[PDB]
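Presented below is the structure to which this report refers.
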Amino acid sequence: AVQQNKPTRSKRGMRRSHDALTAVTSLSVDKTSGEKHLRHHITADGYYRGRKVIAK
Amino acid sequence: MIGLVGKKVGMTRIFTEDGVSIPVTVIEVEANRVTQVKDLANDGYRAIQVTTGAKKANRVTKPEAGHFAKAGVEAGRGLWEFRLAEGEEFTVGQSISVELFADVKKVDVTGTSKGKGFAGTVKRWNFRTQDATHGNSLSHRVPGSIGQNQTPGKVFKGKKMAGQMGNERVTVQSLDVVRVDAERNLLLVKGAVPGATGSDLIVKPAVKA
Amino acid sequence: XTXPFXX
RNA sequence: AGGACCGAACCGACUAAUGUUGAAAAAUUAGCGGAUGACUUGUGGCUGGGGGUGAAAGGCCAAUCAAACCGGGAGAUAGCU
RNA sequence: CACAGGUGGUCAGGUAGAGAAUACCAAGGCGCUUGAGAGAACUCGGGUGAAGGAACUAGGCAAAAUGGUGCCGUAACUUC
RNA sequence: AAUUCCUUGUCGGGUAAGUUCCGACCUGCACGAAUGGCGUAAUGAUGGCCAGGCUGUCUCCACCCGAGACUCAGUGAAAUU
RNA sequence: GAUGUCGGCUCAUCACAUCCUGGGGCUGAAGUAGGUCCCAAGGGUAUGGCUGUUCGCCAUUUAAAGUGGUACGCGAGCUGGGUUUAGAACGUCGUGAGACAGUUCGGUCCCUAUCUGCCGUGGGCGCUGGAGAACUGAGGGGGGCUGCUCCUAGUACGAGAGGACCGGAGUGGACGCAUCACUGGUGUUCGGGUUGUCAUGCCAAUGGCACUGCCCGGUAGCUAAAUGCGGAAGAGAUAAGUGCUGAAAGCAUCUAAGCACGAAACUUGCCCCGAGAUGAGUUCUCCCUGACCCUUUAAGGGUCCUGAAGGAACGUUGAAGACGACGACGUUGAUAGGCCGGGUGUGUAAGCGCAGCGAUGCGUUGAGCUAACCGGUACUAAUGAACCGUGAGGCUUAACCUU
């Protein structure tokens, strides 16, 4: 139920070798508005594939 | 001898004149095109590589396209190999139809069984369920003991435990061949075979015999 | 103190 | 009429499951007993430690009871760890 | 502890109901101070179940079952 | 026998099969008459036993509805060493 | 300054002094059926009544209901009936407090897994240019049970009664794997009936809540009780055992030379995993054919140009799935939803008309509605890109090109 010995800082680091985050490979660029956005997501200004989706 | 690659269409029944219903699995066996022939001199063993079906042209990688181009056959949905029994000769580009099973009368069907995901010991290994009442505390379907005391001091390899069940290669042997329809490219075998509808099946003549 | 731990 | 009957409030706590570093230093859920009486409850009062009270279990006397708690004798004594 | 506990009195709507039980509502007050997904084992709280029906188990534990009103009818025994 | 060691006493009942139960027998290890003996209707969340009904208790588990478990974001313990 | 105990449950694993099945010698072995010993551990090896029991007795099965080791296996897996706290009685002992290995009724079983181990599933790097596939099989697991009936044959055997070996066929029990066509379960996402109440202004018609309110059916999926299949045959080398030829030892002798048989054990045959098999294997296919500088001049570093095969990511998703992973698809498109048609299920909607005082009935009408299913359909979403991955791939030696 509980440890018999204190795990080392080395063991702690090994377990965390899979905890690293992965950055987005790249951001798509709207053809009309020109700003960058997550692929398949609307831009901050309400554009998507240069169609000017609702922006209110 | 060599077998064939088919697709599981489904299950139905065949009514005979003597009032007997035969449960049959319908297998679609399209023409199998030989894509490569292996011999002792070059590969160290005798076998034939076959392909069946069709694949999207845009979804065939160049390394695969070159392999099909050398054999001069259209790309299929996969590649499978069959060993030759020291008396069979095949040529690259040859087409093998379902007529191969015209007088076989018994075949072995291999496929990928349905995937049950993570399964408990009761389902996976038919472990007996413990008491549902009479004081049982949170131990209704648990495995129970998994070993002995200090002497071994370990759990033995191969212990039956919960884990992945299904979604693996399975072979059913000695299935009667009910009907062979060359025109419709159909093969009816009595009984059920591994896998779900639309999955790939490998049909070979019965080895036991 | 009551038989089995800790009844 | 009834320490009468069935049954809510109210007062109890027979069984099971859960919980057991709990929501809770004894509770929750589903059942269960009494329910005009030797009943239950608010407020205030009285009984003080070898003493109290006890339809009596060594029960209870501020989460502590085969002798409460706090301070003092006190740095008791410990041929034992 | 912003804790499923404890805490005396007063007020007592509608339909059904014997009822302050219970169900659904009024006046009124709340959704309980982490959410979003997934839909494995296993645990918890529940629903249903072929054929059998206590073979379970220390033990019918648990669960299932009975359940209301009117009429008819009602044994041994008894301190009547 | 809430008492009987030998003991699952012997016989009968109940069961296909009964160390329990019920009725007798009396060899009462070690009952016995107000630390009462033997009966006793009613009563009992009391002990033992047998039936009908009932069922996932079981043969033997299957499916389903929810809360966790699992993944993401925020916050962020514990025993042990 | 704690190593939890009898029995049960769950899950086991090994030994062989073998219970069954298999192979043999002897027999006071006619046959059937037995006795005894040898070889053999592959698999298999009861349910109930009573009792806390292990055990035992009893009932009824089975080819058999083996004997032991594993902390008298297994409570950080369950149970708590027994034993062994505090309550209370009986018998008994004691003046008494109390006591008994006498009985009797009652009586809290905690722990979120760090490490080893085990069952599953991934990431990293390696395998010497990179990449997509198909394989070889070193090695490792799984599986290995058996009854009954019929034929041979009422033959061999036997005075009769009784009754075979060998061989062949059929059909079962238990167990295992797969599957959902059939028979069924489930189906709180489908339809309908119905009680109470509230609401939609009201009627009519619907909805909320009451365990899905209570119920009757039921699609897909999952699933067993449902229906398919499996254990093998064969081969190699043997065990006990039986032999042939044959000396030592003129004979005899299964053995010393040589040679032939011989079992569910052994090695294969069957099924699955499997090149991290660092001993990192084999086969097929695909991709890259720039220009300079520096210097401690080498498997060296840097700049510019270039970015392939392929991969990954993202999106729509799956009879794949805890998460990763795996599979399908992304407009040159049926991947998912919607939509269209069909099927299935429920069982004649609503509205209107007619009959009746009315509850209701009847016609329109097998109507309406209908989830996961089937066949179709770009209506919606799956965006052009970007990102990763490079630019011919070391040395030595040999044979070849230039046998």
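So that the names make sense, note that chain A is the first sequence line, chain B the second, and so on, each numbered from 1. Both backbone and side-chain heavy atoms feed into the values below; hydrogens, waters and symmetry mates do not. As a convention, non-standard residues are reduced to their parent amino acid or to X, and atoms outside the parent are not considered in contacts. Only a slice of the deposited entry appears, and the contacts counted are all within that slice.
- Located at chain C, the drug is listed as virginiamycin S1.
- Contacts with virginiamycin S1 are greatest for the chain named in the PDB entry as 50S ribosomal RNA.
- Going by heavy atoms, the other chains that come closer than 4.5 Å to virginiamycin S1 are G.
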